[PDB]
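Structural view - zoledronic acid in its complex with Farnesyl pyrophosphate synthase.
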There are 2 protein chains.
Amino acid sequence: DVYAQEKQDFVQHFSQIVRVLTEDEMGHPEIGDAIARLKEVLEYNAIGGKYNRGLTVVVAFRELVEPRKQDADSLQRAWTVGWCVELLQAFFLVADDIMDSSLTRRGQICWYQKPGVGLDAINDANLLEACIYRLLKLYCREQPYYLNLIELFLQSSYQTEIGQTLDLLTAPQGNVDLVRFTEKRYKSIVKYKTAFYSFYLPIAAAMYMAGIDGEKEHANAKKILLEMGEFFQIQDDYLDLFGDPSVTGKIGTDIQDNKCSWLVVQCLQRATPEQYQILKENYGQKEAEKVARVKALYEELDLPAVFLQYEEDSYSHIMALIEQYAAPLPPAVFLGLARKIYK
Amino acid sequence: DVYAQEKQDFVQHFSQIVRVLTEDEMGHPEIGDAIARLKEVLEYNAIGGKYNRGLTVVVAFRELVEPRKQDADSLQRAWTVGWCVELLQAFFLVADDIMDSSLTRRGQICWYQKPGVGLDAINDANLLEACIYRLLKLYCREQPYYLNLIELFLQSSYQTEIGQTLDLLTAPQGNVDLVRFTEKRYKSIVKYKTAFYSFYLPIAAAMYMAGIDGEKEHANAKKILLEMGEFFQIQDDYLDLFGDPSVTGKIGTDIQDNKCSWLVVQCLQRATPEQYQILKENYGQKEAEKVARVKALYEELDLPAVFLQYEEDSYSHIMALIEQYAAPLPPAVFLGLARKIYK
Ligand SMILES: O=C(O)[C@@H]1Cc2ccccc2N1C(=O)OCc1ccccc1
Ligand SMILES: O=C(O)[C@@H]1Cc2ccccc2N1C(=O)OCc1ccccc1
Ligand SMILES: O=P(O)(O)C(O)(Cn1ccnc1)P(=O)(O)O
Ligand SMILES: O=P(O)(O)C(O)(Cn1ccnc1)P(=O)(O)O
Ligand SMILES: [Mg+2]
Ligand SMILES: [Mg+2]
Ligand SMILES: [Mg+2]
Ligand SMILES: [Mg+2]
Ligand SMILES: [Mg+2]
Ligand SMILES: [Mg+2]
């Protein structure tokens, strides 16, 4: 619930973020048109979501930083670092949507699918990434955690890109080979493509801002955070096909994209020799009839009920990890995050 | 000539760079396939060029750093930073080729056009960028210029992306409006899209490694370097159409891509009302006949002779800037670079 009481101030900070990023134009009028494009990119791709990853930085900041140190400037920096996380997210999603041939995101047409944008979105994505470091220098350059944050964001990007590489390599277009969709491969993919930037990153950022830079403290937090991230991507895969379109704001493409989704992995582990053949002949193709066939097989194997059971077991597992690794950090930090991802 | 005597050791260092980047796999076997992809990306996109931008770092390093300080480890770091520049280059070119719809680069098919690669190249490009910061941390983390280099590379990337944004915004596909192709717009585009990363970056990196971090010294160097960069992009535009394919290693696409090329700008300034109409009806289109028409108009306006004259005048201008701004740096640093770009 701490997220709702911090959201407003966090979202209102976006205006300032845009202002500060588009104030590099006054000193260099010649790049005005580029700065205008940037503003359009930011407003279209950084706004429209729930902002939970960025909000996590803020929430954790206020729970880790002693009130007497939560001055106006410190809070400002916290809101900025939180937006940097949202920008990192935006950067990856713009590119991910092109690579996954997606149609919508956050209830609107994907940026690259917008008339007049197309592949220019690739550079737009690179600009969003660049903005992260511009804001860090502008707001935190004099802070003792400056270098830690720069390296954290850079490291998190590398891990995410390694993950994306695995994601794409395991899903060759027009090349269906179910044998590569194993539980071990799946866990490695999601750990790198989602767990680091969506969960470890936000909390780690707040920790560094709070002066908590101990390798041990970060390792223990990551123990909890990477497990939550795994659950989050599984839930993401589930929703890709069984989620309510009006709620997810995006059209699923995992089956058509031949992805190593939690669903197909669960399918292969429960499928009979016959069902296996059906999956093999209908997976990884654009034909709506073939996709529908795969979904029918998943429903026949009660995958939705399987996911619901996994969600409960996962929840209990994550809570167990919190009892073990939260200390010396306030359990609320992890509990609040968990409450946000589990229903 | 100092470039030829440093090339060998610089190129042989590539093996080590790859080794070090693919040694993050031993500790994390799960990302092996991703690391293998990375190696393939690096070998295909970081090797095959002249390596002059990276070599510039090395050459400048040995001319700025006192011999007694050019120890084995220091030289190693120099070769690494030089490769970081080549990787930054690779990152931008992989994406630039997709965005410019290019066919070949360095005498081979563009990475994204390789069968089986396609838009996955977007993430490959992001990985190359990430490698820069991984090498900087691995080789220079303990150096006093560490943060300076990190910020230099990040800043240079932002400037290049701003430039690319201008490049793309001024060249809307299927939307020909010659009125936007002005000399002022052209100079701003090339300053940001090429001058910073190809010329200021390499020299600035070597300066920081040599302990030269003065804002004044960097500003004076940039005065010379940004002007060389402008000349280099003009020459790049000239070669896009009039260059020897077997020498450039790439197929020109500026006319088809409706680009604000130095050529079209020079054309508009010398074109008669009639020639202007011919340009307008044939520019920015894929039809080989229409492209040929534009080239004929350029040859009719003696643009090739115009470029040759500009090259001589530019050379004299750059040399004049060196007499004025080289000090206290060795003039050879700039002269060597100039000898490399001017014939
Ligand atoms: O609702 C959304 O927009 C995303 C999609 C989703 C599906 C199920 C559960 C949570 C969420 N989300 C979400 O943001 O959850 C909160 C969160 C917090 C930190 C990191 C990732 C997600
Ligand atoms: O030959 C090449 O591969 C590129 C293409 C080219 C055309 C004309 C003149 C120089 C060059 N090059 C080049 O690398 O020149 C040297 C250089 C040095 C530092 C920064 C950029 C280019
Ligand atoms: O399913 P993906 O991994 O592509 C996704 O979750 C994005 N993503 C990319 C890396 N991590 C997550 P999205 O469904 O939002 O398209
Ligand atoms: O002409 P471009 O600017 O696209 C080019 O010079 C690449 N580039 C991109 C930014 N700076 C230079 P290339 O002709 O190598 O495709
Ligand atoms: Mg996706
Ligand atoms: Mg994806
Ligand atoms: Mg998904
Ligand atoms: Mg190009
Ligand atoms: Mg280009
Ligand atoms: Mg060119």
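A note on names: the letters A, B, ... follow the listed sequences, proteins ahead of strands, and every chain is numbered from 1. When a ligand or atom number is given, it counts from 1 through the structure's own listing order. Heavy-atom basis, side chains included; hydrogens, waters and symmetry copies ignored.
Counting every copy, the structure places zoledronic acid at ligands 3 and 4.
Other chains with a heavy atom closer than 4.0 Å to zoledronic acid (ligand 4): B. In this structure, residues within 4.0 Å of zoledronic acid (ligand 4) (heavy atoms) are B:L93, B:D96, B:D100, B:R105, B:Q164, B:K193, B:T194, B:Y197, B:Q233, B:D236, B:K250.
The shortest N or O to N or O distance between B:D100 and zoledronic acid (ligand 4) is below 3.5 Å. Checked against a 3.5 angstrom limit, the closest N/O atoms of B:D237 and zoledronic acid (ligand 4) fall outside it. Regarding atom 15 (O) of zoledronic acid (ligand 4), its nearest protein heavy-atom neighbour is B:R105 NH1, 2.7 Å.
The UniProt annotation of dimethylallyl diphosphate binding in chain B and a heavy-atom cut-off of 4.0 Å around zoledronic acid (ligand 4) together pick out B:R105, B:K193, B:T194, B:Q233, B:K250.
Atom 8 (N) of zoledronic acid (ligand 4) has B:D96 OD1, 4.2 Å as its closest protein atom, hydrogens excluded (heavy atom only). Protein heavy atom nearest atom 11 (N) of zoledronic acid (ligand 4), with residue, atom name and distance: B:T194 OG1, 2.8 Å. Annotation: atom 10 (C) of zoledronic acid (ligand 4) to nearest protein heavy atom, B:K193 O, 3.0 Å.
Contact atoms of zoledronic acid (ligand 4) toward B:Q233: 1 (O), 3 (O), 6 (O), 12 (C) (distance under 4.0 Å to a heavy atom of the residue). Zoledronic acid (ligand 4) has no nitrogen or oxygen under 3.5 angstrom from a nitrogen or oxygen of B:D97.
With respect to atom 6 (O) of zoledronic acid (ligand 4), the closest heavy atom belonging to the protein is B:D236 OD2, 2.7 Å.
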One pair per line, please: each N/O atom of zoledronic acid (ligand 4) matched with every protein N/O atom under 3.5 Å away, atom names first, then the distance to 0.1 Å.
from	atom 1	to	atom 2	distance (Å)
zoledronic acid (ligand 4)	1 (O)	B:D236	OD2	3.1
zoledronic acid (ligand 4)	3 (O)	B:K193	NZ	2.7
zoledronic acid (ligand 4)	4 (O)	B:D96	OD1	3.1
zoledronic acid (ligand 4)	4 (O)	B:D96	OD2	2.9
zoledronic acid (ligand 4)	4 (O)	B:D100	OD2	2.8
zoledronic acid (ligand 4)	6 (O)	B:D236	OD2	2.7
zoledronic acid (ligand 4)	11 (N)	B:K193	O	3.0
zoledronic acid (ligand 4)	11 (N)	B:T194	OG1	2.8
zoledronic acid (ligand 4)	14 (O)	B:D236	OD2	3.1
zoledronic acid (ligand 4)	14 (O)	B:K250	NZ	2.9
zoledronic acid (ligand 4)	15 (O)	B:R105	NH1	2.7
zoledronic acid (ligand 4)	15 (O)	B:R105	NH2	3.1
zoledronic acid (ligand 4)	15 (O)	B:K250	NZ	2.8
zoledronic acid (ligand 4)	16 (O)	B:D96	OD2	3.0
zoledronic acid (ligand 4)	16 (O)	B:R105	NH2	2.9

